[PDB]
Asks: 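Okay, here's the structure I mentioned, the one with PF-00835231 (bound form).
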Amino acid sequence: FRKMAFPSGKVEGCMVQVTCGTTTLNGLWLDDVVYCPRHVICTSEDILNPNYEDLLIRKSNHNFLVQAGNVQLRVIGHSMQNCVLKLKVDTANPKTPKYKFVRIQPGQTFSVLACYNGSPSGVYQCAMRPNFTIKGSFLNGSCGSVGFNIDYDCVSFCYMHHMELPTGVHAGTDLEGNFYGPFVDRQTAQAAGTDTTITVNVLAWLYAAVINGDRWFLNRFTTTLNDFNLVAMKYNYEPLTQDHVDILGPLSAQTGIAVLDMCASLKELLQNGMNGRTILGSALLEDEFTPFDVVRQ
Amino acid sequence: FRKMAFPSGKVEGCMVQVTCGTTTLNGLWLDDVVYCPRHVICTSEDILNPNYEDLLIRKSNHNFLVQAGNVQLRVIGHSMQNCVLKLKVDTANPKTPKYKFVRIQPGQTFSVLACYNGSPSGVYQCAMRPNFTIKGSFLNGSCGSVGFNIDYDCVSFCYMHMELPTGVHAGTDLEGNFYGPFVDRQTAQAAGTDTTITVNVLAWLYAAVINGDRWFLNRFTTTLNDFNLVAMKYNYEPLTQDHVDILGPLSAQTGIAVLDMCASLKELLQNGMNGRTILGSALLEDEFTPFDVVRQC
Ligand SMILES: *[C@@](O)(CO)[C@H](C[C@@H]1CCNC1=O)NC(=O)[C@H](CC(C)C)NC(=O)c1cc2c(OC)cccc2[nH]1
Ligand SMILES: *[C@@](O)(CO)[C@H](C[C@@H]1CCNC1=O)NC(=O)[C@H](CC(C)C)NC(=O)c1cc2c(OC)cccc2[nH]1
C-alpha cells in the first residue's frame, strides 16, 4: 500500500511556459485557452500590493510570450477570472483531454504535476488539508503547476499552484481562480489557520492496513460516535459524521470490522500512542488516503 | 520531502496488453518490438515447473494477441531473452521515446507505472532493496508493468514486474534478468534478509545539513573499511566506491567530507538518536537517493 498518483500523460500534453517581462511561470493549455496565475503580469515591485485590474488593462496581447515545447503560441486575447489569467491563443491544443474544472473539498486528494519552465518534473499525491493548505513539493518557478484527478479518461482539474507559506506548506486556487483558504496573491508572509487531522482518512488507512495483513492495533472495545468525536476534537482531529461512517461501509464490510470498532482502535492509538510500533511502514498516523483511494488501490 | 515519481506520459504511450490463450499481462512497445514476461505462454499446468524452451517451440506468431487498446498489432516474429519474451510487430510505435535499458543497483530509486490490461492505473516511486525486492502496490494482472527513470527526456527502463509471500515484489530488468535470486515459477520464494540502504541514509543526512539541521555532525572521521565493518553489525549495507562517488555532489555542496559524514552516521548507529529528530523524524530514511535529494533541494 503506497501513495499512488494518477498517470500524468494527459496533463503533460497541456503544460506550457508563460512569460511576461521578467517573470515566467507555467500555464495550462486547453483548447485555445492558456490558464495561468495572474501574478505573471507583476514586476518585483508590483507584487507587494498589486492592483490587478489596473495592471492588466495596461498590458497588450503581444506582452505575453507563451511557449509549448519550442513553438511559440500567439496570444490573440486575454481576460482575468479571479486569480487566474485566461490567454486566448490562435492554436487549439490538439492533445486536450476530456476535462472538467472542479473545486475539491477538504480531505479529498489529488495528483500534482510539478512543472518548471513549462516542463513536467514530477508527480505525487496531495490532500487538501482542512485548513486549505497542501503539503507539496514546489520550488521557484513552480507556479501554474496543476492538481487533478482522473476518472475514465476525464481529467478533473482542481488546483493551480500559487505560493509557499513560511511554514513550507503550499497554497493555490481552483481553475476558476479562487483560492482555497484565506490566502491572497500578494508577496507577503501569510499564516494558515490551525491545521487538523482528517479523521475519516486515518480510519480508511487503518482499514487499508487490515486489508494488507496488519491487525496489531485492533482491540475488543467499541465507542459511540459522540464519545469518539469528543476525544477526536480533543486531539485536533476533524469530526466524524454519519456520512463518513457510511462512506467507510465497504471497507468495514470487506474487513468485517464495524466502523465504531475501528474508531475505538483509533481512540486507543490516540490515547496510548504508537509506542514505537509502525502501521504500513509509518510511525505516524497517516491522513492523506481517502476511503476511495483505499478501495481504488 | 515527498516521494516524487517521474511524469509517466512517455511510458504510458508504450503500454500494450499481450494475451496467450487465457493469460493476459502487460507489454512494452518500443519501435517494432513488444517486451513482456515470458510466463504469458504458460498454462495453469505449466507454471509450477515450466520448461520455457519446449513451451516456446509449440508457439507460433499467430498464437500471440498484442493489443494497443482494442487495436490488434500483428506479430511477425518471437524470441526469448532470459525471462522476457520479445514479440516483433509490424508497426513501429510512433510514441517511442528516446530510451535505454539499464540494470540498476540496490538503493537506486525508480518510478513504477502500474498497469492492467495495457491500461496505466497509477504511478509511484520505489527503491530497490539490498535483497533485490521492492515495496510495490501490484494486483492480479500487473505483470509486465515497468519501472523507469527519466533524464533529459531519455527514458531508462530498469524494471519489469512476482509478489513474494511477504508481500514485497520481484522482477527483471528489460533483458529478462531477475534482480535477486528469484525465478519465474509459481512457487513460494523468499528473499534474503534485508538491510538498510547506507548510501541513501547518508544522502538523507546531507539533506538535513542543507536545511540547517546538523546537530549530528561530529568531530570524527573514519576509514571506509572501519565504517563498513561497523555498518554490518547494525544491519546496514557496506559502502562501495561507487556510493562514495555518487555522494560527491552533496559533499561538495555542504563541505562535509563523505568519510566525515560516515563517522557521524557511525556515532548515530552506536549511540542512537537520544530522542532527537532529524528533518522532523525519529527514523532515518533510506529510500531517497543522492539524486533524489539534489532534485528536491
Ligand atoms: C511561484 O512560482 C511564482 O510565480 C512561486 C512558487 C513558490 C516559490 C517557492 N516555492 C513555491 O511554491 N510563488 C510565489 O513566489 C508567491 C507569489 C505570490 C502569489 C504573488 N509568493 C510566495 O509564495 C511567498 C511570498 C512570501 C513572503 O513575502 C514577503 C514571505 C514569506 C513567504 C512567502 N511566500
Ligand atoms: C502477474 O500478474 C502475473 O502474470 C502476477 C502478479 C502478482 C499477483 C499478485 N501481485 C503480484 O504482483 N504474477 C504471478 O502471479 C506470478 C506468476 C509466476 C511468475 C508464474 N506468481 C507469483 O507472484 C506467485 C506465486 C506464488 C506461490 O505459488 C504457489 C506461492 C506464494 C507466493 C506466490 N507468488
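Note: chain IDs run A, B, ... matching the order in which the sequence lines appear. Just so it is clear, chain A uses the PDB entry numbers, and the residues here are 3-299, in order. Here chain B follows the PDB entry for its numbers: 3-163, 165-300, in order, are the residues you see. First listed ligand is number 1; within each ligand, the first listed atom is number 1. Looks like X-ray crystallography, 2.2 Å, at least that's what the header says.
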Asks: What does UniProt call the chain with the greatest number of heavy-atom pairs under 4.5 Å to PF-00835231 (bound form, ligand 2)?
Replies: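 It has the most contacts with 3C-like proteinase nsp5.
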Asks: List the other chains with a heavy atom under 4.0 Å from PF-00835231 (bound form, ligand 2).
Replies: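 Non-hydrogen contacts: B.
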Asks: Could you help me figure out which residues touch PF-00835231 (bound form, ligand 2) at a heavy-atom cut-off of 4.0 Å?
Replies: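 With heavy atoms under 4.0 Å, it is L27(B), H41(B), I49(B), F140(B), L141(B), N142(B), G143(B), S144(B), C145(B), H163(B), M165(B), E166(B), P168(B), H172(B), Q189(B), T190(B), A191(B).
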Asks: Just which atoms of PF-00835231 (bound form, ligand 2) are under 4.0 Å from any heavy atom in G143(B)?
Replies: 2 (O)
Asks: Is any N or O atom of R188(B), backbone or side chain, closer than 3.5 Å to an N or O atom of PF-00835231 (bound form, ligand 2)?
Replies: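 In this structure, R188(B) places no N or O atom under 3.5 Å from an N or O of PF-00835231 (bound form, ligand 2).
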Asks: Got an N/O contact under 3.5 Å between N142(B) and PF-00835231 (bound form, ligand 2)?
Replies: no
Asks: Could you tell me which atoms of PF-00835231 (bound form, ligand 2), counted from 1 in the order shown, lie closer than 4.0 angstrom to a heavy atom of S144(B)?
Replies: 2 (O), 6 (C), 12 (O)
Asks: Which chain residue and atom does the model connect to PF-00835231 (bound form, ligand 2) through a covalent bond?
Replies: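 As deposited, the covalent bond from PF-00835231 (bound form, ligand 2) reaches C145(B) SG.
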Asks: State the atoms of PF-00835231 (bound form, ligand 2), each with its element, that fall below the 4.0 Å cut-off from a heavy-atom position in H163(B).
Replies: 11 (C), 12 (O)
Asks: Report the UniProt active-site residue in chain B closest to PF-00835231 (bound form, ligand 2), along with the least non-hydrogen distance to 1 Å.
Replies: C145(B), 2 Å
Asks: What are the atoms of PF-00835231 (bound form, ligand 2), with element, lying closer than 4.0 Å to any heavy atom of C145(B)?
Replies: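 Going through PF-00835231 (bound form, ligand 2) atom by atom, the ones under 4.0 Å from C145(B) are 1 (C), 2 (O), 3 (C), 4 (O), 5 (C), 6 (C), 13 (N).
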Asks: Number the atoms of PF-00835231 (bound form, ligand 2) from 1 as they appear, then name those within less than 4.0 Å of a heavy atom of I49(B), with their elements.
Replies: 20 (C)
Asks: Does an N or O from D187(B), backbone or side chain, lie closer than 3.5 Å to an N or O of PF-00835231 (bound form, ligand 2)?
Replies: no
Asks: Which UniProt domain name applies to the region of chain B with most contacts to PF-00835231 (bound form, ligand 2)?
Replies: Peptidase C30
